[PDB]
Every structure is written in C-alpha cells, then in structure tokens.
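Figure: fosinoprilat in its bound pose on Angiotensin-converting enzyme.
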Amino acid sequence: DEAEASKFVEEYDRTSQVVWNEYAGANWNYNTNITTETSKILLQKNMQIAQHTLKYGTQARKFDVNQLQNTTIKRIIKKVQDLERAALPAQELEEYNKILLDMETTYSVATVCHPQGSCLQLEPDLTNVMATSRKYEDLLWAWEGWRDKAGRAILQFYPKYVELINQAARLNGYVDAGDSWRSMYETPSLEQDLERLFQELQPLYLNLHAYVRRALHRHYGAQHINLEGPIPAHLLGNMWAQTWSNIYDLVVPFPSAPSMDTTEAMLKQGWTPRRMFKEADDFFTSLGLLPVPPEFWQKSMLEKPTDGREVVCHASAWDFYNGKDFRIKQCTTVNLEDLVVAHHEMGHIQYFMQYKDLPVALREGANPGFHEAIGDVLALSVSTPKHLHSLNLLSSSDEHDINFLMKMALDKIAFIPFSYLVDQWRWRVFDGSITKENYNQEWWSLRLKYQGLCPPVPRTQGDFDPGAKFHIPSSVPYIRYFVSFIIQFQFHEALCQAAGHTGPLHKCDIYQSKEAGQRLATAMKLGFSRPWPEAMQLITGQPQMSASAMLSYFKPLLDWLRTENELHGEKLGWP
Ligand SMILES: *[C@@H]1O[C@H](CO[C@@H]2O[C@@H](C)[C@@H](O)[C@@H](O)[C@@H]2O)[C@@H](O[C@@H]2O[C@H](CO)[C@@H](O[C@@H]3O[C@H](CO)[C@@H](O)[C@H](O[C@H]4O[C@H](CO)[C@@H](O)[C@H](O)[C@@H]4O)[C@@H]3O)[C@H](O)[C@H]2NC(C)=O)[C@H](O)[C@H]1NC(C)=O
Ligand SMILES: O=C(O)[C@@H]1C[C@@H](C2CCCCC2)CN1C(=O)CP(=O)(O)CCCCc1ccccc1
Ligand SMILES: *[C@@H]1O[C@H](CO)[C@@H](O)[C@H](O)[C@H]1NC(C)=O
Ligand SMILES: [Cl-]
Ligand SMILES: [Cl-]
Ligand SMILES: [Zn+2]
C-alpha cells in the first residue's frame, strides 16, 4: 500500500515535469505571439496535458487516502485526485478550452477608437489616459469605450464558461467552482475570516473615500460630485478604480511640499524596462535571496514588442517546471507604478526558484495570497522616500510624512474593497445566486456597497463590465489579492522587526537585511507542503491573518484624515 503510493508520486512527478514544461512553452508562445498557428498548437497541448491529468488522476483516486501513513504522499495524492477541467467529457473539455482561449484573446486584442481617429489599446494607451487625463469627458470616453469593446464582447461566452467550470468542479467533488477555489486555502472559516478583515479596514477606507471625494468635488465641479454619494468610477486614475495613486496630484495633503516628477526623473536618467527588473533583482539579492538565472534575461518579454506581434500584455510570471526556466511577460512602462509591478512579478519568480526542488504538486504558495504578497513586501521598502532618493528619483517633516502615507494609501487602502468584491461576485455567479439576467446589476451593487462607486454612464442590457477586468475572462481567482494586501503588511512589520527597525512602521526599509531575507526564504521553501499557518508563523511568529499591521502602518494617516474630514464636516459613506 505505502510502497505503491510512493512509487506513484515518483512517477507522477517525473512525467508531469515533461508534460507541464511543453504546455507552458506553447502557452507562452501564444501569449507572446497571438496567431492562428500558436493557438492551434496551444489547444493541442491542452489535450496532451489533459490526457496526462486524466491518467494519473484516475489512478490517484484508486488510493484510499485515509489508509496512507506518510503525510506528504497523502497530500500529493489527494491533490492529484482533482482532475480540474480534465474531468469533463471530451466534447465539453474541447468547448471549455475554446471558450477560455476566445475570452482571453478577446480581452487582450480589444481596442477603443476615437471617433474617426486612432484606436487605442489598453496598455499603454488607455492606461495612460486614465492615469493622466483630468478631463471628465475624456476619461468617460476611455472608461465607457473599454467596457463597450472588451466587456460587452465577453458576455457571449460567460454563461457557458460558468456551466462548464462548475460541471468540472462537481465532477471533482465540489458543489461549484467557487467552492473549489476557496478550498485552495484549506480554511473552513475563510468567508468569516475575510469578512472580519474587511470590516477592520472600514474606518480607513471610509475616511480616505470622503477625503478624495472632497478633492474631486474641488476639481471636477459641484454639479458632478455628490458630497454624500458614491464617486464616479472613472475619476480615480485607474481603469477599474482599484488603485488611486495616479490622482495623488489632485489630493495632496500638503501641497507646499513640491512633488518631484518621478516618471520624468526615470526617463531623464535613462531608466529602461531592463533597468527596472535589474533593480528588483538587486533588492532580492540584497536580502540574501536568489538572483534570477541568466536564462531569465534572455527569454523574458519585459516590454511590448514593436514587430507587429499581438501579445497578452497583462503582467504575469511563468514557471516552466524544469527548475531552471522562469520568465516574466510584462508590457512594462518606465514609471514608478510599473516599477512596483515589476517587483510584484519578481516576487513570483523568487517563489518559483525557492520551491523548485519540491514535487511539482507542491510547487505553489502556502496559499495563493502568499504568492501574491512576496514582491509587494519589497516594494513597500522601495517606495519609501529614503529608497527612492537613493535611486535619484526624489529630492532629499510631518508634511512630507503625511504626504507619503497618502500616496501609499491611495493604492493599498483603496484596493481593499475592490479586491474583496471581485470574488464575492464570482462566488455568487458560480453558486447560482446571480444569473445572466443580473450579472451586471449585481456587479454594480457590490461596486456601490464595498467601494462606494457609481458608473458615470447608466449601464444597459448587453453590458458585462466584469468582462473588462482581465481576471474575469482569464478565469484567475481574485481573493488572493485581498489576502495579499492584508498579509504583506504583517510580513513587512515582522521583517522590519527582524532587521532591527525601530519607530514608525512606514519608515522601515529592509534593503540588504539578511535576517529579513532568511525569514522569507524559510517560508517560501515550504511551497504548498504544509498548511499555510505554518508559513505565517515562520515569518511573523504567529499563525493568523490580521489587519493590525496594516492599521499600525497607516495610523498617522487615520488620525490626519479624521481631523481633516471633521474640519470640513464630511458625511462618511454613501446613504
Ligand atoms: C514522507 O515522505 C517524504 C517524501 O519522501 C520523498 O518522496 C517519496 C515519494 C520517496 O521518493 C522518498 O524516497 C523521498 O525522500 C519525506 O520527506 C523527505 O525527507 C527527507 C529526509 O532526509 C528529505 O531529504 C533531504 O533532501 C535534501 C535535498 O536532497 C537534502 O539536502 C537533505 O540533507 C540535509 O540533511 C543531511 C543530513 O545528513 C545534511 O547532510 C545536509 O547538509 C542537509 O542539511 C535531506 O537529505 C527530503 O527532502 C524530503 N522530501 C520531501 C518532499 O519532503 C518524509 O521524510 C517522509 N516522512 C516520514 C515520516 O517518513
Ligand atoms: O493587475 C491586477 O489586478 C493585480 C494586482 C496587481 C498588483 C501589482 C502591484 C501593485 C498592486 C497591485 C498585480 N496583479 C496582476 O494581475 C499581475 P499577476 O502576476 O498576479 C497575473 C497572473 C495571471 C495568471 C497567470 C499566471 C502565470 C502565467 C500567466 C497567467
Ligand atoms: C509568431 O508566430 C508565427 C506563427 O507561429 C511565426 O511564424 C513567427 O515567427 C512568430 N514570431 C515571433 C517573433 O516569434
Ligand atoms: Cl467596472
Ligand atoms: Cl485565490
Ligand atoms: Zn501576482
């Protein structure tokens, strides 16, 4: 019994490395060169990997996991018993794969055209418009156009996608696809735990929302901002209003402190996409963590091709399951926002390298939120005025202090409600609570309820605004990013204490701390081999998710915001 199970996992591991490596190659080749040919190859490799999953998953299910003694083997076999989409009958699997390909392609090639003019792609063009334009009608054209062309075009696929991903989930023992996604956390109390974390961030978010709302009132006019209502969703500097720091110029707490134009500084100093990833690589090795291999620099796609290729620009980090080949695919722009994204992606890469010697079934983060958080942790230190000054991107007070926390909060605090609601919506689609009759109406009920946002143009039949957000057509879970924003502050607090930092948490910069790197390395090397509380305990000395670190980080800003909003008589929220 035990020996057959040991031999099975050994055979599964050596055969999976080969099949997954070939699939990743074809998937990469399509993502970096969308053509009829690369798609057909990709759909073909999808059947090869499905055949492999079906063979070994079927055998995995013949083992009584209850009777297995070794806990590691037990854990691998139980995981291999989930065939995912390979549980579907051949017809449904082919349909599902084609639906996923059509949805992701549709999103990644959509364009928005000026009337009788040029057509803009999401990256860099529409992203830049949302970030820099300060004109209501210009932002409205981009915001509505992107949903008309990306969102509406996904709607025809989504009901069948839901049917098929749910059918696969049920064939693997779950009640629907959202049940299966939540199980990735191995936490029966996940929904309650996440809800309590969200509620703990309400004071900060409501106060930030009211303050930003007041500033938008000042710039966009009293006829267009209701000081007791939700904020129009196109005015926050980002296509999904998920992060707000691109409107920092409109909301500066102390404008007497002049802001240095960081984008012009990077450009003026010759920064390139390569330089940005090199700086991130240097931060990782400064902690004693691993450098990316030479292969990474030869094979990655660090900027948008200029040779006619159509590509998937949305940033992602790729493990090719051979322990040597790791790559980033990002249409990088030279600015601070994408430097932070670059660090985010390099954290994925770091995780891949740290757990590369585990069995492939355990080459995942402790939970998906851990995988999303690593790069963000370092980026917190990178974003400090001290570190940015050392990169010659800033010029060397309480005013500057509150200014910096506001910049951070526009990204870290504003993202909390957005990242919470995406899968609140999808979980209820998957469990049948939301039908295609009210996809979009229920999306905006959550946009209002959690983010306090409203659409600038009333939605109509045919709209499918969730389809205008990458992770929806690409079928990538989102609660991981909510978890990441909570725990990345817990990790920051812990590493800063390990590094000997005293004083306000937001002044910590862990650059070159070997003590901090070692905490992270010991956790990352566990991969998915243990329940995630153990990785949490290795980093922080305790096992729970907690918002206390994030609240401690932003405490000075919470006090400043309350005083400011009180002074102006704001009514928090949106009744
Ligand atoms: C339950 O099973 C797991 C997994 O076993 C592994 O997979 C099976 C399918 C089968 O192939 C097994 O043969 C195979 O080991 C066990 O977990 C493994 O435990 C061993 C314990 O030694 C670990 O071995 C380590 O491997 C490292 C990389 O090669 C190596 O560096 C380590 O050396 C360290 O210690 C020596 C001591 O002399 C020191 O000299 C070194 O400098 C270094 O510190 C060590 O040899 C495996 O990595 C583990 N693999 C996994 C996946 O966890 C587990 O022990 C078992 N449980 C029970 C109760 O039997
Ligand atoms: O864009 C978003 O919405 C979120 C939030 C953003 C984060 C970055 C730093 C600053 C704060 C926000 C990062 N991100 C991403 O999707 C980037 P990924 O690599 O996780 C996207 C991964 C998609 C799945 C995948 C995996 C491997 C290969 C191909 C596809
Ligand atoms: C893109 O794919 C086509 C067809 O597979 C191929 O001929 C072409 O060389 C590829 N381009 C690049 C830059 O790899
Ligand atoms: Cl939207
Ligand atoms: Cl997740
Ligand atoms: Zn990520």
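All residue numbers given for chain A refer to the PDB entry; the residues shown span 40-435, 439-617 in order. Note that ligands are numbered from 1 as they come in the structure, with each ligand's atoms numbered from 1 the same way.
- Tracing fosinoprilat through the model gives ligand 2.
- Of all UniProt domains in chain A, the one holding most residues touching fosinoprilat is Peptidase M2 2.
- Atoms of fosinoprilat lying under 4.0 Å from any heavy atom of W357, numbered from 1 in the order shown and given with element: 28 (C), 29 (C).
- Contacts between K368 and fosinoprilat below 4.0 angstrom, taking non-hydrogen atoms only, are absent altogether.
- Using a 4.0 Å heavy-atom cutoff, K511 is listed among the residues neighbouring fosinoprilat.
- Contacts between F460 and fosinoprilat, counted as non-hydrogen atom pairs separated by less than 4.0 Å, are absent for every part of the residue.
- With hydrogens left out, the protein atom closest to atom 21 (C) of fosinoprilat is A354 O, 3.2 Å, a heavy atom.
- Protein heavy atoms are found less than 4.0 angstrom from atom 24 (C) of fosinoprilat.
- Near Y520, meaning under 4.0 Å from any of its heavy atoms, are these atoms of fosinoprilat: 2 (C), 3 (O), 4 (C).
- Residue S355 has no N or O atom closer than 3.5 Å to an N or O atom of fosinoprilat.
- Proximity of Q281 to fosinoprilat is established by a heavy-atom distance of less than 4.0 Å.
- In this PDB entry, no covalent bond connects fosinoprilat with a chain.
- Of the polar atoms of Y523, at least one N or O is found under 3.5 Å from an N or O of fosinoprilat, judged by distance alone.
- Assignment of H513 to the shell around fosinoprilat is supported, since a heavy atom sits closer than 4.0 Å.
- Put simply, part of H353 is less than 4.0 Å from fosinoprilat, judged by heavy atoms.
- Ranking protein heavy atoms by distance to atom 13 (C) of fosinoprilat, first place goes to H383 NE2, 3.7 Å.
- Among protein heavy atoms, atom 10 (C) of fosinoprilat sits closest to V379 CG1, 3.8 Å.
- Counting atoms of fosinoprilat from 1 in the listed order, those under 4.0 Å from a heavy atom of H387 are 19 (O), 20 (O).
- From the protein, the heavy atom lying nearest to atom 27 (C) of fosinoprilat is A356 O, 3.3 Å.
- For atom 19 (O) of fosinoprilat, the closest non-hydrogen atom of the protein is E384 OE2, 2.6 Å.
- Fosinoprilat has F527 within reach: a non-hydrogen atom of the residue lies less than 4.0 Å from it.
- Residue-level proximity to fosinoprilat for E411 is carried by the side chain, the only part with a heavy atom below 4.0 angstrom.
- Counting heavy atoms within 4.0 Å, the binding site of fosinoprilat comprises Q281, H353, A354, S355, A356, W357, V379, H383, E384, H387, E411, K511, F512, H513, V518, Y520, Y523, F527.
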Enumerate the pairs of nitrogen or oxygen atoms, one from fosinoprilat and one from the protein, separated by less than 3.5 angstrom; state names and distance to 0.1 Å.
| from | atom 1 | to | atom 2 | distance (Å) |
| --- | --- | --- | --- | --- |
| fosinoprilat | 3 (O) | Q281 | NE2 | 3.3 |
| fosinoprilat | 3 (O) | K511 | NZ | 2.7 |
| fosinoprilat | 3 (O) | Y520 | OH | 2.8 |
| fosinoprilat | 16 (O) | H353 | NE2 | 2.6 |
| fosinoprilat | 16 (O) | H513 | NE2 | 2.8 |
| fosinoprilat | 16 (O) | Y523 | OH | 3.3 |
| fosinoprilat | 19 (O) | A354 | O | 3.3 |
| fosinoprilat | 19 (O) | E384 | OE1 | 3.2 |
| fosinoprilat | 19 (O) | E384 | OE2 | 2.6 |
| fosinoprilat | 20 (O) | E411 | OE1 | 3.3 |
| fosinoprilat | 20 (O) | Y523 | OH | 2.8 |

